[PDB]
Structures are given as structure tokens and as C-alpha cells.
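Meditope, liganded with cetuximab.
Lettering of chains proceeds alphabetically from A, tracking the sequence lines in order. Residue numbering in chain A adheres to the PDB entry, whereby the residues present occupy positions 1-212 in order. What you see of chain B is 2-11, where the numbers are those given in the PDB entry. Residue numbering in chain C adheres to the PDB entry, whereby the residues present occupy positions 1-220 in order. Per deposition record, X-ray crystallography, 2.5 Å.
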Amino acid sequence: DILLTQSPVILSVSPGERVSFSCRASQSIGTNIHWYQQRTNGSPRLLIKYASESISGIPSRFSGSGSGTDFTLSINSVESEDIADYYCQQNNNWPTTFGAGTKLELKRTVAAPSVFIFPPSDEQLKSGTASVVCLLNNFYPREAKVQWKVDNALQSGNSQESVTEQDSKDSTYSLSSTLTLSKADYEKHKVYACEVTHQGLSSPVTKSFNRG
Amino acid sequence: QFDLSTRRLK
Amino acid sequence: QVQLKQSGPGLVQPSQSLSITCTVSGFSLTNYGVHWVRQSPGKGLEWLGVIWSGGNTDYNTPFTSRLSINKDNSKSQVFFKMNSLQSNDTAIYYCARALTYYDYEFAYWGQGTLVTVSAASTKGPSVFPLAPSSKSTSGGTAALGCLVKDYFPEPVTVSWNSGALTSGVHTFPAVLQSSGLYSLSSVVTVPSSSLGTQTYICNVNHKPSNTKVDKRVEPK
């Protein structure tokens, strides 16, 4: 089968900049290459067919060029909604094969997170488990530290984090940190603190509450 | 590497 | 318009078989071939096979023995069946259609079916509220949410107020817990002055376990 090699793995660009995706084939495939966009939680969307031919309903900023083994998908002026993964497909040789994809990340200005904390619900406590959620909302860039503290004891290894994919509208990220305890431990303590560090803050932000 | 939860490369 | 709608996600036991139905509209199976593509962590996008207008099938070389594609033209249904699934067959499975009847440029895709191959049992989530409060309010904006805990397998769908609330919504990617069950939160920010006037409901649908819950989320 033909091997398609896409480079690089990740692109990082600012809005309005031109950007180029590379697809290389293990042997010549003429112009038998198609390009796709995959957005967060989406199916592949066809962008260009046969190296350079346009597709109905695809914005004009998208274009492709190349022949032989070397191909290029271009966006002449990137928008925030272009945040996606990009895949090439060859069909000169059966079976049709796909490249491994290139990720398009967008830069923007630093934005500090808004930090919210949520105690466990009474509903959840009946089940005998306690989840304390710390939310970091709409920030950039992605790197952030969340430190949990229960009555001044530093917590370690009993929390999990999830980070959203980049926002298609404002290019920010959001993060959740969930501290998990038993009901019994949760009732033994008073002060639940979530400390946040990020480049947009001039000092760590702490959100906390007292049980009851 | 493709992530089934988000349908994105991670 | 042209549409492909696949059956719901689900769990398939190892060594057992996978079945997905692709129901099409806006065109006829007698005129177009329907293709099957999957997307895995191990191999990314991978073309599996196709059933042509006249009922002929091609299967990608690694799948000739464990893959059968059949269809019912009058019902506009295409049926995918794969045998002897191992865990690395965990992937999103798509049905697709090309622009022209003989080609391979996939302009129309199904929504995909996340198939998990695992020995475990299906388990529906519990839904707990992430109540808005003073600890989740700044400058007239409140944050609130739903904790969707302890379900298997992926995916779960979450929406707000039956689809009418979409702005400021973040539904976090699920994380696997030590228990081997998944968990996620979905949050939304709203104007705090609407808390006394508007209802906020996360609609949780975990298709693999046929569990639907609407959780009303209130200040405490």
C-alpha cells in the first residue's frame, strides 16, 4: 500500500496568517489525493479533491497544490474555526490509504482563567462518595497548575484533570480538576481549597469553601 | 495519536 | 439533502461480532456505492470496504475473512458485520459515500459509531448537579454544571435545556477512573440574574445503557 506521510505533526499559527500542510507519498500518485478536515467530535469533511479541485460549500481560503509525491493544503488566512486535524488520502493505488494527520493549533493573547469551585452535592453524598470540582474557564495558553488542599494538607494523586479542545470561537481552553474522596473523609474536614497558577495571573488564585 | 473521546489527535 | 445515519454506539465482547446499520436518505443505494471507514488510536483512518450499486463488495486485504457488507435497497439500509473482534478493533466506524458512483472522494459521512471492545459490562451514569453559588459567580456571571459519573463504555451525550442552551457550554472529555468507569463534567456560564427566572437542565443520554436523565441544576 502507499504510505502517506504528513508533516509536521502539529502546526501553531496566528489568525490571518497563511498556513500550509504537507503530504508526502511513498511513490508517485499523480494528483490522486484528497484532503479532509476533522473538527472536535466531528466526522471528516472533504476540502479538496484531486490535489487542487474545489468542493461545494468549502470556504475559498482553502486550496491545494502538488503532483507526484509532494502535496500541499493551504489556508491563505487562518480563522479560529479552522482549529482541526487535517488528513490526506491517496487513491491512485488500491486500497485507498490515509495519512496520519496534522493538528492545527491557534495562538492568541494570554487570557487568565476564571476559577470556580463546586462542593459535592448532597445527592452524591448519599451514594457515599464526594467529588469536589475546580473549574478553570476560558484561558490561554493551555499550561496550568491546580493544587488541592484539605485543611492545609496538600492533596496528591487523588484528582483528575480534563482539558477541552481549543475553542473554535475564541481560541481559549477550559480545564476541570476533580478531587475525589469518600463521604467519611469529606465529613472529617472543613476547608476545601483549589489553588490555580497560570501565566495570565500575577499571583496564584485560590478558590475554597467550608463544608457546611 | 487519535483519541476516541474527542475525535482529535492528542 | 444527502444523509447517512448509523446505529448507536455500544460494547462488543472480545471474540464476538460487530454489527452496524447505515440508513441513507437523499439518494438511492441502487445508484451509489456505500463505503466503510474506521478510525482507531493505533491506525488512524483506515478504509475497510464497500458495497457497490449492484451488490458487489470489495474488502480491504486485512479484512477479507472477517468482514461482510450487505444491504436492503428498498429500505435504504447498508449492514456492516465484522467477526472476532479484539480490543484494538476499538474505533469509530463510519459509513460514507463518494461524489460519483465509482469514486472514493468521501463527501458524505455518517456520524460515526464508537465501538468499544471490552469484556466489561455496560453501566449507566449517575448525574449530580454542580450547583451555582457565590463560589461560582464573578461580575454577574454564574457557572453551573452536571457531573456525569461512573458509566461504561463511552460515549455519553450531554446537552442543556433540551438543545436551546449552547453558548458558554463546555463538556469536558471523559476520563477513565481506577474503577475502569468513565466520568465527566459539563459546565455552562449564565448571567447570575437569570438563576431566579430560568430553569437549567442538563440532558444526559448514555446510549449504550439506554439511560436518559434530565438533571435540573439549582442554586443551593
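Within the model, the positions assigned to cetuximab, copies included, correspond to chains A and C. Counting non-hydrogen atom pairs under 4.5 Å with chain B, the top chain of cetuximab (chains A and C) is chain A. With a 4.5 angstrom heavy-atom cutoff, A:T102 touches chain B only via backbone atoms.
Among A:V9, A:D85, A:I10, the residue with the largest count of heavy-atom pairs under 4.5 Å with chain B is A:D85. Residue contact with chain B, scored on non-hydrogen atoms closer than 4.5 Å, is absent for A:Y86.
Using a 4.5 Å cut-off between heavy atoms, A:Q38 contacts chain B through both its backbone and its side chain.
The shell of residues around cetuximab (chains A and C) (heavy atoms under 4.5 Å) is B:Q2, B:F3, B:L5, B:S6, B:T7, B:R8, B:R9, B:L10.
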